[PDB]
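The model below depicts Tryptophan 2,3-dioxygenase holding PF-06840003.
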Amino acid sequence: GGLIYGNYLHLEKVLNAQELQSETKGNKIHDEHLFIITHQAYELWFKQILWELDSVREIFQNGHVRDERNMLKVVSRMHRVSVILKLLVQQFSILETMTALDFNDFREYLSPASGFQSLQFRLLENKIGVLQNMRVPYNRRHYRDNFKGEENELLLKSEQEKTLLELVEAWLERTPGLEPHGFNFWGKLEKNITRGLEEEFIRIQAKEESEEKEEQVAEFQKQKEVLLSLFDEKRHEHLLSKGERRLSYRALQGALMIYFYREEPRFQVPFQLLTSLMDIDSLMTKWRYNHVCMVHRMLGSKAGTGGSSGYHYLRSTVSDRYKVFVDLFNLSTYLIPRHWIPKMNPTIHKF
Amino acid sequence: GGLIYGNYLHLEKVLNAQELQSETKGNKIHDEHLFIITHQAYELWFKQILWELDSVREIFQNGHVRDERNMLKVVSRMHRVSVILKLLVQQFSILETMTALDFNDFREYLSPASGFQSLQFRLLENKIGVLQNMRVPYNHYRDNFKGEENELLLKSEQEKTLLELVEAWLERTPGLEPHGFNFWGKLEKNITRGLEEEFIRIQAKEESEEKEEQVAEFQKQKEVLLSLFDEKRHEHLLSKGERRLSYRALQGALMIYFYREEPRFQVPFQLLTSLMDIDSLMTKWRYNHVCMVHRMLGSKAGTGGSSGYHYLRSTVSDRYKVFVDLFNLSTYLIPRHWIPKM
Amino acid sequence: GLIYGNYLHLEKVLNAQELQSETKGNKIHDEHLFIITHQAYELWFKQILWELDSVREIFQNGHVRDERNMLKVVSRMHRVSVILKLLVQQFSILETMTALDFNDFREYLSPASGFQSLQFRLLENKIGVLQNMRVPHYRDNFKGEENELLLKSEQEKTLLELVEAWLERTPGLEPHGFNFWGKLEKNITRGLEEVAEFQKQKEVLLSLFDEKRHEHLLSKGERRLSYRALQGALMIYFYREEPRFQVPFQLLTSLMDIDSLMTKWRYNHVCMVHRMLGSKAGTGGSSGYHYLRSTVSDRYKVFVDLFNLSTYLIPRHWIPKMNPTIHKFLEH
Amino acid sequence: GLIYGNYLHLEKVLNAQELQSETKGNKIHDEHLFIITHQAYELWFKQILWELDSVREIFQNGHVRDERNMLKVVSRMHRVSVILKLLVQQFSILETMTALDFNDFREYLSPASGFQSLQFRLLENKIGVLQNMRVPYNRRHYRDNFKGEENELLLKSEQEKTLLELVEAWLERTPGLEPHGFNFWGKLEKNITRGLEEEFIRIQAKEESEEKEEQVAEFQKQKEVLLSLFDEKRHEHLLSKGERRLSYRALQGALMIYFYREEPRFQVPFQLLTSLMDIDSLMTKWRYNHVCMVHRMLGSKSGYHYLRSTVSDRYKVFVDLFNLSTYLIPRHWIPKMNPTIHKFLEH
Ligand code: HEM
Ligand code: HEM
Ligand code: HEM
Ligand code: HEM
Ligand SMILES: O=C1C[C@@H](c2c[nH]c3ccc(F)cc23)C(=O)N1
Ligand SMILES: O=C1C[C@@H](c2c[nH]c3ccc(F)cc23)C(=O)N1
Ligand SMILES: O=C1C[C@@H](c2c[nH]c3ccc(F)cc23)C(=O)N1
Ligand SMILES: O=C1C[C@@H](c2c[nH]c3ccc(F)cc23)C(=O)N1
Ligand SMILES: O=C1C[C@@H](c2c[nH]c3ccc(F)cc23)C(=O)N1
Ligand SMILES: O=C1C[C@@H](c2c[nH]c3ccc(F)cc23)C(=O)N1
Ligand SMILES: O=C1C[C@@H](c2c[nH]c3ccc(F)cc23)C(=O)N1
Ligand SMILES: O=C1C[C@@H](c2c[nH]c3ccc(F)cc23)C(=O)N1
């Protein structure tokens, strides 16, 4: 038998998977078909994100990431995950063609099932690196309870196996130029920022004791506290513990090296990767936020079939507490004028 | 005990349908998984579009459309189809993150299967109203099918298309009755008069090569607007497949255009706009498919037999535009003052 | 003969790009993108004001009472939605600028900011955002003729108010007519008989008829519509298929759409500002990021009532049966 | 203090809206949408020219030789394709104007058209649309509709080095092409010759079947196309026919970057070639969405027949980059890299 489209794509499974509970309980509602197909498409795309994501995790875990041939493939697959999520954010607009009233006519046949029971959404959160600590109080206790057997087993492995956060952290820690014996990035930077701020305090104190200056002297003192707190490793470990940061002090230094020196040939694709990790975080959140806006129109204030407050619980998930790579965002707090960036000498350029 | 998300959605089926031919032949190629999911996603949405479309056909076929209570349901479902198609056009962006080089690594394992074997794509084309005899020469499309599937295509070819059902509904548009509002006779009279006057204002002007441009413009207009009232011409053009709608449906469509602000016509106007939307997005679908296949194959021939790129280009024409007549009513728009007063 | 460039006054549009970075002697390439992005946002804000004002004027001059105008109204409201969808997508362009590169010309913007966009505020005011519900005055940014326009835009009737009046005159609320409200209270009460969530579900439904609770929540600002407007809204939801209700229901749908898309614009702005500045202060004085997060809330959802009515949805067999008489009144 | 409105010069941008219907005493509401839409497009064409000129410059002044500039080049080419995506999306706004409403102000616009957009022509020229290959309108050149300085600026844009010419030059210096070096081309012919021979043996070994009759017709087709690629004389011929645009040597660089894209020196260059095809594809979707809208607005009123001509490979400047997918070969035929050339493609 020569290969046929329908058989290749196992459409005898995919297109024989649509059972309107409304029809099964004798009262067919038209739009329930849309409800099912929308979720099934979301779930196809989750599996494909998981396929890309597990493949990039494997390239870090098995050391292939160490060979820089593999960086185009890493960035290309991670960018693919953001392109898919973009589509998933847009996909909400299809289900927004269902009125709250028409939803109401079949809602009742759904209890107590809910999106909460999405295994693959949880595999996706975990594998990226959402920690138990990060999860909203209701979310934390209640998320893994919905599961049993092999489904319970996959969820554990997703919590226990190396997350994309951990693997990126290890890789960032080996960023070339951090070696105190070599380029000594962190040392040179602390020196240049200290030198840099001293020049700034002198520029400001040289002005005629006015109120435009008084604005500058106190804006300086805030900027100085902040820039110098970069070098306070104990503040890092303290912020690590309140989970306001997630990355090792040294990964942070790696990420900042990649940012400042991103044009150097060996950092070009590494910079692209860091941008794609922020994009995935931004789009995961835009997904959460587009989900909230739609549930508001569908339920108003009413409790969800899963037994949550509904619209309010979901609103609490749209928070930086769920941004895994929140640190890559927060590095923008520590941007300095280009003039203060430790200059590169011919030795480390060729490197 | 109680309904579980996974069970409701039959994810035991949906998420166990992903078999890489490259893996089955012991040379697993990563990007093959994307190829499969992308098509599985397209096919879920094709099934939803058929669901909405068949529901709208039945509302015309069983006379429920006669009861104007049901027009919000009709327009909202036809709008929903165009919203889904917007997503399917955007959806090519995902598959375009596969390089041609990466595609080249699993392409051999697909032979001789292809999109020509999409039952649902063909069912959708037929149910809207793509005729067997208007398909570009190389498409003979149904030979790619056998068995139960092949029967369904013929039910789809012989059962009443959206085009036929909208034609019948257009033929009953209120205002067309020669003893009533007599739209057609009044429109002919007002265009004939409006033109006569328009020509008087040209023979005022001082003979020049500017006045000759007006006379030349006027003669082109006159011929086009007056040809609207040539029924023998419409029947000739129907038979050549340059028009699809009966002469009387065309009159009903023009009535809906001119008088759209009249409450009874507001939603019917939204319906005609949606039908044109759906043709526009189908053709955007064919064009985005074409643009991607060019990057993937070049001028190489398809696994499904055809020349690939060049053949698919040919499917991006008004040959495949079911509601072409609704686009071409723009050709016969006239100044407001000429529209018969209500 | 008319020429494209002159029709479009391109001599102004394409001579409006001045890089402040270039003016102070070190041109930064990416500033040109920052300028053009803001200019296109402002062109589109103007087009939304033009649509919105024309719909305001169609309620205020009485024409909305002529139902042949409903197509124009829902079509112009729909158009504002399509423009807002593009304005949300348009952040994707400015996100091709890295924080690093932004950082190179940001110094020259001090102290200008979005807070000084007149059109954004006119738009917020004209839809019906109340200044007493804003997270902190915004007018302190504005002076001269701009402070005037802005003042007019709070005092002149908002889209919410005009939509309110219109919802208040909705066919079927008349107590000695179809008496929608009385029959609904009869019908919710007659159905509420049958781990039971029923006790919670009965408590919330029946508080719909508590005209007093509404009065309190309204003055407080957690609700925005008159009690009677909210009756009209719910009338149009339940009887949306009735010929006369179809395009009015499309209008309510598109009003919620505009709230969603404003909030989506607010949230996309936030996501981009987060990558651009981090937890830095904004050039206009505020703790940029955390303040912009506060604008993404129901304080700023003008038509929150139309959203919240999903709470009070009932099975259809409870909805007051519509007799052959009022079926006749709601035909064309 | 700098003020938002002054910074953006809004005193120009938001005082550039003159409805011609209104300045002839019959104001039509939708004419405003028409004007804003075009003005948004023109703002964005100006951004695309800003990006595209900086990139041409980077090539022209020899800075692109310094590979630390590749992140900037590929960022600005990707940005152009991101802008062009929104411009394609932008047509949906104008599609909310009905043909009936458009018809109320159409008369006031004569004889102006999109044909008169200076920036759209510069954009076409600077990317590298050849005037010799453009479909004529009314049997005449596209520069007829422009005079004075605008006519002069279009002429410069035809004569100055196009993005195509500057990519072509850089494609010609692709490392690995040196006959005395890695000798990519010679090695490729050798590996393709062997590949086809090895393939012809496994087929002639199969039983005389439907497959055997078929695979010999297909194999003989694939054979003609692949050996086609080494025919430098055919290529020079197709250059002049305009059916190909890049020099034979540039073609070689492009194919080298495809096959060895994972090589670090080749990662970002492959991303650039991917972006060039992206821009061609999005310019053509621009042309097609414009057409689909004009069909609805005008019908057969013949502009709509010229516009369907522009949706053609005449206007696809990097058509060669697409067509290379014709000459793709199994992974294992690609000439291997050794530690003398592998180490020359390490950053
Ligand atoms: C009318 C449509 C929808 C409604 C009313 C809705 C409602 C809800 C509600 C109320 C919750 C909170 C848990 C609960 O009370 O049950 C929830 C969570 C969730 N929904 Fe939806 N939903 C809708 C559509 C979708 C769609 C299309 C998806 C696609 C996969 C989805 C995926 C999820 C997921 C994964 C969660 C768990 C979120 C988390 O804990 O962070 N929902 N939904
Ligand atoms: C990504 C690489 C893809 C390639 C290389 C490709 C190639 C082709 C080719 C060559 C044909 C013409 C028949 C033949 O000679 O085989 C075709 C037709 C078709 N393809 Fe694709 N395709 C791709 C993706 C897709 C996707 C994602 C869909 C989604 C449904 C799709 C649906 C179809 C359909 C329905 C047809 C029949 C088109 C018609 O006759 O009008 N293809 N494709
Ligand atoms: C890199 C890009 C951008 C950054 C970093 C940025 C940053 C900020 C910040 C920090 C604020 C808070 C006020 C302040 O401190 O000045 C703000 C407010 C604002 N921005 Fe932006 N912005 C950006 C782009 C845009 C664009 C493209 C628009 C388009 C109109 C815009 C419109 C606004 C408006 C209207 C406000 C006031 C809005 C409100 O009060 O909710 N911004 N922006
Ligand atoms: C109602 C909307 C539109 C109509 C009816 C329309 C119609 C046309 C027509 C008929 C032509 C061919 C020249 C002629 O015969 O006058 C044309 C060309 C053109 N239009 Fe449009 N157009 C529309 C919107 C737009 C928009 C929004 C743009 C944005 C810049 C635009 C840009 C162009 C350009 C650049 C050309 C020349 C294209 C080429 O030569 O390949 N048009 N248009
Ligand atoms: O090739 C390498 C060097 C090292 C590495 C870790 N992080 C990095 C970040 C940027 C960079 F350029 C190199 C590295 C690694 O393990 N693989
Ligand atoms: O009001 C509701 C409905 C339910 C829900 C959302 N998405 C789903 C998908 C499948 C399913 F079975 C149920 C649901 C939920 O979470 N609250
Ligand atoms: O209600 C109706 C009347 C009639 C009809 C046919 N075409 C129409 C077009 C517009 C309109 F308002 C009504 C009609 C029909 O069969 N159903
Ligand atoms: O060159 C090709 C590849 C093939 C193809 C496209 N889409 C598919 C989907 C399923 C399948 F099995 C094969 C295909 C086709 O039609 N021409
Ligand atoms: O002719 C009319 C009817 C009335 C009206 C007010 N609100 C409504 C809401 C729905 C509806 F169908 C009609 C109305 C109005 O102001 N003029
Ligand atoms: O950090 C910043 C930069 C500034 C800003 C945003 N958009 C603008 C537009 C024009 C302008 F001049 C300045 C701005 C702001 O609000 N916070
Ligand atoms: O660094 C270099 C090498 C050379 C070059 C030309 N084309 C290329 C294409 C890819 C590549 F990696 C390098 C090159 C150049 O002009 N400067
Ligand atoms: O019916 C028309 C109008 C004109 C056109 C298209 N875009 C424009 C923009 C500005 C302008 F003034 C005129 C036009 C054209 O080509 N055919």
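In this entry the chain letters A, B, ... are assigned according to the order of the sequence lines. We're sticking with the PDB entry numbering for chain A, so the shown stretch reads 38-388, in order. Numbers in chain B come straight from the PDB entry, and the residues shown are 38-176, 179-381, in order. Per the PDB entry, chain C residues shown: 39-174, 179-236, 254-391, in order. Numbers in chain D track the PDB entry; the residues on display, in order, are 39-339, 346-391. Only heavy atoms go into these numbers, but all of them, side chains included; no hydrogens, no water, no symmetry mates. Header lists the method as X-ray crystallography, 2.4 Å. Remember, it's 1-based here, ligands and their atoms both numbered in the order they're listed.
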Could you help me spot every copy of PF-06840003 here?
ligands 5, 6, 7, 8, 9, 10, 11 and 12
Which other chains show a non-hydrogen atom at a distance under 4.0 Å from PF-06840003 (ligand 10)?
C, D
Counting only heavy atoms closer than 4.0 Å, does PF-06840003 (ligand 10) sit against the backbone of C:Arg144, its side chain, both, or neither?
side chain
Using a heavy-atom cut-off of under 4.0 Å, does the side chain or the backbone of C:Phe72 touch PF-06840003 (ligand 10), or both, or neither?
side chain
Polar-atom distance check: D:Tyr42 versus PF-06840003 (ligand 10), any N or O pair below 3.5 Å?
no
Heavy atoms only: which of C:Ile73, C:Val332, D:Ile41, C:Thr342 lies closest to atom 15 (C) of PF-06840003 (ligand 10)?
C:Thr342
Would you mind checking which non-hydrogen protein atom is closest to atom 1 (O) of PF-06840003 (ligand 10), with the distance to 0.1 Å?
C:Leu336 CD1, 3.2 Å
What are the atoms of PF-06840003 (ligand 10), with element, lying closer than 4.0 Å to any heavy atom of C:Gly152?
16 (O)
Under 4.0 Å to a heavy atom of C:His76 - the qualifying atoms of PF-06840003 (ligand 10), by number
7 (N), 8 (C), 9 (C)
Report yes or no: does C:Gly347 have a heavy atom closer than 4.0 Å to PF-06840003 (ligand 10)?
no
Which of the atoms in PF-06840003 (ligand 10), numbered in the order shown and given with their element, are less than 4.0 Å from a heavy-atom of C:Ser151?
5 (C), 13 (C), 14 (C), 15 (C), 16 (O)
